[PDB]
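To start, the structure itself, in structure tokens.
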Amino acid sequence: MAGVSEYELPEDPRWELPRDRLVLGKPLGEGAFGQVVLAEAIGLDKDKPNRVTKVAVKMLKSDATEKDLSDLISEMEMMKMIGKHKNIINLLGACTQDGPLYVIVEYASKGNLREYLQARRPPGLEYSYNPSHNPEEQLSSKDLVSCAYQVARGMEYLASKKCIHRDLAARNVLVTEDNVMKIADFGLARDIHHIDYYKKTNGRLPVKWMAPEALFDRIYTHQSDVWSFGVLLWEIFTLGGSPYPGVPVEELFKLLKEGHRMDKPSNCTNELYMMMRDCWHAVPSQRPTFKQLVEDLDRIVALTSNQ
Ligand SMILES: COc1cc(CCc2cc(NC(=O)c3ccc(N4C[C@@H](C)N[C@@H](C)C4)cc3)[nH]n2)cc(OC)c1
């Protein structure tokens, strides 16, 4: 709410970057991650001060409150503690002095996993239509399993750092220029108020990624993330399909309790569908861990054909 000079932003010499070392560019995400722009950073690495690096910059909106500022800081500090990994969106730096708070993170040029897969939908029969006006090359069967593997690896790391995502979905996984899967928004502050089960975002309903125990009793564990990973698996092999198609929220509550699960996608092996079902086990303690998931998916990648 108040001016940014009215507060005391935490300075960290290890991460602090002068503002004139950033060339701000076009908006990124259409604000799914909040106000984030593309930018070029000059001498992000001290060893190469004359090198330009493409980065993503998150900042507060014009209507931001004192709460929003605290959250963005908390998000930044959380990313510091969690540390680095190949398959997450990493912290690269920050601008905390002489202006608005800037949190500098890694840039993924190919958008989120959902739109990434949809644009690479074949004009065939076992997928919905390609909605992209700029379709890219189809992905092999080993590329899809590899996508799941990388996401699992990211979550395995996050879990090892006591991090619970609470909203693992294809929309929250970003794809780099080198087709590297990176998990996004894992350091978000958990809302202290009771949840609205029918809120929108695009027109996405986050309730369809929640484990039953998180849905009904608001209990979030690593096992609830495992459930979400199952839905993410289903998203991958439908190439960006919408979970529980035609099923509204009020019907989803009843269905899940009755043991109802999504059917196997048309193009999905039985082994990979069992993995989804295992992730969608009613008992949280009976779901596989991310460590186990990474091991299985590693085996499956080696056996899956890219022809
Ligand atoms: C912890 O986690 C995060 C993640 C972020 C987000 C950072 C980010 C966002 C992006 N990237 C995009 O948002 C993006 C890029 C390309 C897109 N598209 C457009 C589409 C039409 N065509 C496609 C070919 C490409 C669509 C979206 N990178 N880094 C910020 C953050 O603050 C602290 C923390």
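Residue numbering for chain A follows the PDB entry; the residues present correspond to positions 457-657, 659-764, in that order. When reading the values below, keep in mind they use all heavy atoms of this one structure, side chains included, and skip hydrogens, waters and symmetry mates. In listed order, ligands and their atoms are each counted from 1.
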>> Could you tell me the main partner of ligand 1 here, using whatever name the PDB entry has for it?
In response: Fibroblast growth factor receptor 1
>> Can you tell me what they call the drug at ligand 1?
In response: AZD4547
> Can you tell which part of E531 has a heavy atom less than 4.0 Å from AZD4547: side chain, backbone, both or neither?
Replying inline: side chain
> Which UniProt domain would you name for the part of chain A holding most residues in contact with AZD4547?
Replying inline: Protein kinase
>> At under 4.0 Å between heavy atoms, is it the side chain or the backbone of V559 that contacts AZD4547, or both, or neither?
In response: side chain
> So is there a nitrogen or oxygen of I639 less than 3.5 Å from a nitrogen or oxygen in AZD4547?
Replying inline: no
> What do you reckon, does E562 put a non-hydrogen atom under 4.0 Å from AZD4547?
Replying inline: yes
> Any N/O of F489 closer than 3.5 Å to an N/O of AZD4547?
Replying inline: no
> Among all protein non-hydrogen atoms, which one is nearest to atom 22 (N) of AZD4547, and what is the separation to 0.1 Å?
Replying inline: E571 OE1, 4.8 Å
>> For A488, which part has a heavy atom under 4.0 Å from AZD4547: side chain, backbone, both, or neither?
In response: neither
> Which residue in chain A annotated by UniProt as active site is closest in heavy-atom terms to AZD4547, and at how many Å (rounded)?
Replying inline: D623, 11 Å
>> Using heavy atoms and a 4.0 Å limit, tell me yes or no: is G643 in contact with AZD4547?
In response: no
> For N568, is at least one N or O under 3.5 Å away from an N or O on AZD4547?
Replying inline: no
> Which residues from the surrounding chains have any heavy atom less than 4.0 Å away from AZD4547?
Replying inline: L484, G485, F489, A512, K514, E531, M535, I545, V559, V561, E562, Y563, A564, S565, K566, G567, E571, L630, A640, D641, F642
